[PDB]
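Drug enalaprilat bound to macromolecule angiotensin converting enzyme.
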Amino acid sequence: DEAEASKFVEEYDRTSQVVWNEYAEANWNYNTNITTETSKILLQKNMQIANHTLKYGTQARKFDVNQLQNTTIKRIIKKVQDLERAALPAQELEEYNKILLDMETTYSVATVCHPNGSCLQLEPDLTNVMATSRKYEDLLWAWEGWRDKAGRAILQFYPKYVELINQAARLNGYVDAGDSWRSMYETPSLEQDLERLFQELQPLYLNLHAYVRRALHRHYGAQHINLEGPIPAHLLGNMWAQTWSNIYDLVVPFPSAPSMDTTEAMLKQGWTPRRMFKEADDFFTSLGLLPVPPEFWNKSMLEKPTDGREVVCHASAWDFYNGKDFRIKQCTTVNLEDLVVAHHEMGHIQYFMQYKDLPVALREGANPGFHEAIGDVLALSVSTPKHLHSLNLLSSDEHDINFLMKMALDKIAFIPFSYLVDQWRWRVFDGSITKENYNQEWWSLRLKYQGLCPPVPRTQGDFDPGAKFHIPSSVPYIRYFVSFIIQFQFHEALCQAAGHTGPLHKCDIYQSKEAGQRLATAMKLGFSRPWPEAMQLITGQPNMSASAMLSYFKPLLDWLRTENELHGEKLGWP
Ligand SMILES: C[C@H](N[C@@H](CCc1ccccc1)C(=O)O)C(=O)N1CCC[C@H]1C(=O)O
Ligand SMILES: [Cl-]
Ligand SMILES: [Cl-]
Ligand SMILES: [Zn+2]
């Protein structure tokens, strides 16, 4: 029957390309122009792609994968047997698709208004307030307001969403949706592996947390900061306190060594969103990697539209499954934070182009984390003082500690948050957390892992998780935790291949062909082989390891311990 198998995969591939390309079209139109019309069309297309999935998935299940000889065919067919949402009865499928659409629309058009009439959208208004305001009450207004308008509005849809996504998972052979999502890593030991990694980063996070807590105590006052407790969630310069880069000014280790206004420098010399992506595109090509197609610059939405249409601003990279059309949709703002995001997204695009010739079923990253790490790796080099100086955006061991601190505020602060999100969802999916306890358990984890507390007590009806994009958008989050760990492993390996010597944090792989080759060879595998092989190709070993990230920040860890020790900090919280 081996003959029927290769034939099946061939038909699945050519037909999937057509249907998936049409779907991406409708999805893009909705995402870049939210209207009743584009919404209705997208929902119609959902039913069409579902019909295709059910047709080929039903056939795939007729094959006994065990008796299949060719490992590539065996792998593709096993994957096609998973119908995902298409496994749901037609009635539940349309209800599920509408719920997803409603949650996405609700989140993307939510606004927080003042008594007068001035209403602010998340991007860039509220994001700017959280990043620049140093007034406790103004930060509270934005923090609470976003949750009141976005979070609370998602609550009416979540319980049903959970019921339906779990039903689909069970109909595909999994115990629940969390089980289904975790399966993407093909790693039985996943939960234990990630827990060990999280634990290895505790010394660093706890020391950074204590140091930043002391700084906030200095700025906002003893009456608002408990030196032995959690930090109010609205003072970290970010709506979700997932990255603390924006309060660098309040915590700079050596204020005597001033650093240029990077964001002001970009604006000062006319940097634009297009320039930002052009620079990222240049970094990739410098490594010998692929440049984005001409079509990319013509079809991407790199700026928030001003023609009246409403859009999903949250940045994302798109593969239209025809090996030629790739696009990015981002409401880009001119600043260093979004420059890094630009590289992040361009990393996804590079992966798309690298595996474009593989069967559609295998056009995915070695694991989701790999897809998320590519752009971040290059951004690590872009963020170095020397590289920023080469871009004319910047002009001592102290400058070194300041830099590591800036890097830690983003990378280290994000570790517990990235770990937390799916620890919460997996327990919602497995029934451990009911709708009565959604919010309470979210905050229990926010405290346990991040050491944060809500500035305003939560009340019945609040659903703070809904105020975070990936929740109503139903996008898994553990990939970001994996990404932050492995991106440093990649940085370390690529730097070693590039001939770098000395402190790892001083490495800049710009123009390194050796580094480019390692990334390309790995990306070309797509999802054709277990991820340890792609890991081996890049790093020379097959496991995930926190050693690289710890090595990168070693100088900061030493500095933080000394600093916290002399101030008598009590690490942690009750
Ligand atoms: C800006 C970026 N966007 C997402 C998009 C996710 C997504 C998947 C499927 C459909 C729409 C959006 C991405 O990974 O590119 C993002 O959300 N990131 C990057 C790092 C951490 C995470 C965050 O900001 O929470
Ligand atoms: Cl929150
Ligand atoms: Cl994931
Ligand atoms: Zn990403």
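Shown for chain A, in order and in the PDB entry numbering: 40-434, 439-617. Counting convention: from 1, in listed order, for ligands and their atoms alike.
Every copy of enalaprilat considered, the relevant parts of the structure are ligand 1. For a threshold of 3.5 Å applied to N or O pairs, the pair formed by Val518 and enalaprilat (ligand 1) contains no separation below that value. Contact annotation: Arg522 has no heavy atom less than 4.0 Å from any atom of enalaprilat (ligand 1). The shortest N or O to N or O distance between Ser355 and enalaprilat (ligand 1) is not below 3.5 Å. Nearest to atom 15 (O) of enalaprilat (ligand 1) among the protein's heavy atoms is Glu384 OE2, 2.7 Å. Nearest to atom 16 (C) of enalaprilat (ligand 1) among the protein's heavy atoms is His353 NE2, 3.6 Å. Between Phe527, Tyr520, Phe460, it is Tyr520 that holds the heavy atom closest to atom 25 (O) of enalaprilat (ligand 1).
For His410, the heavy-atom gap to enalaprilat (ligand 1) stays at 4.0 angstrom or more. Nearby ligands and ions (under 4.0 Å from enalaprilat (ligand 1)): ligand 4 (zinc ion). By UniProt annotation, the domain of chain A with most residues touching enalaprilat (ligand 1) is Peptidase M2 2.
The closest protein non-hydrogen atom to atom 14 (O) of enalaprilat (ligand 1) is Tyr523 OH, 2.8 Å. With ligand atoms numbered from 1 in the order given, enalaprilat (ligand 1) contributes 17 (O), 23 (C), 25 (O) to contacts under 4.0 Å with heavy atoms of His513. For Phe512, every heavy-atom contact with enalaprilat (ligand 1) shorter than 4.0 Å involves the side chain, none the backbone.
The model tethers enalaprilat (ligand 1) to no chain through a covalent bond. The atoms of enalaprilat (ligand 1) that sit less than 4.0 Å from any heavy atom of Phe457 are 21 (C). Heavy-atom contacts of enalaprilat (ligand 1) within 4.0 Å involve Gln281, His353, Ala354, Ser355, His383, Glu384, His387, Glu411, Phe457, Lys511, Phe512, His513, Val518, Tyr520, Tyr523.
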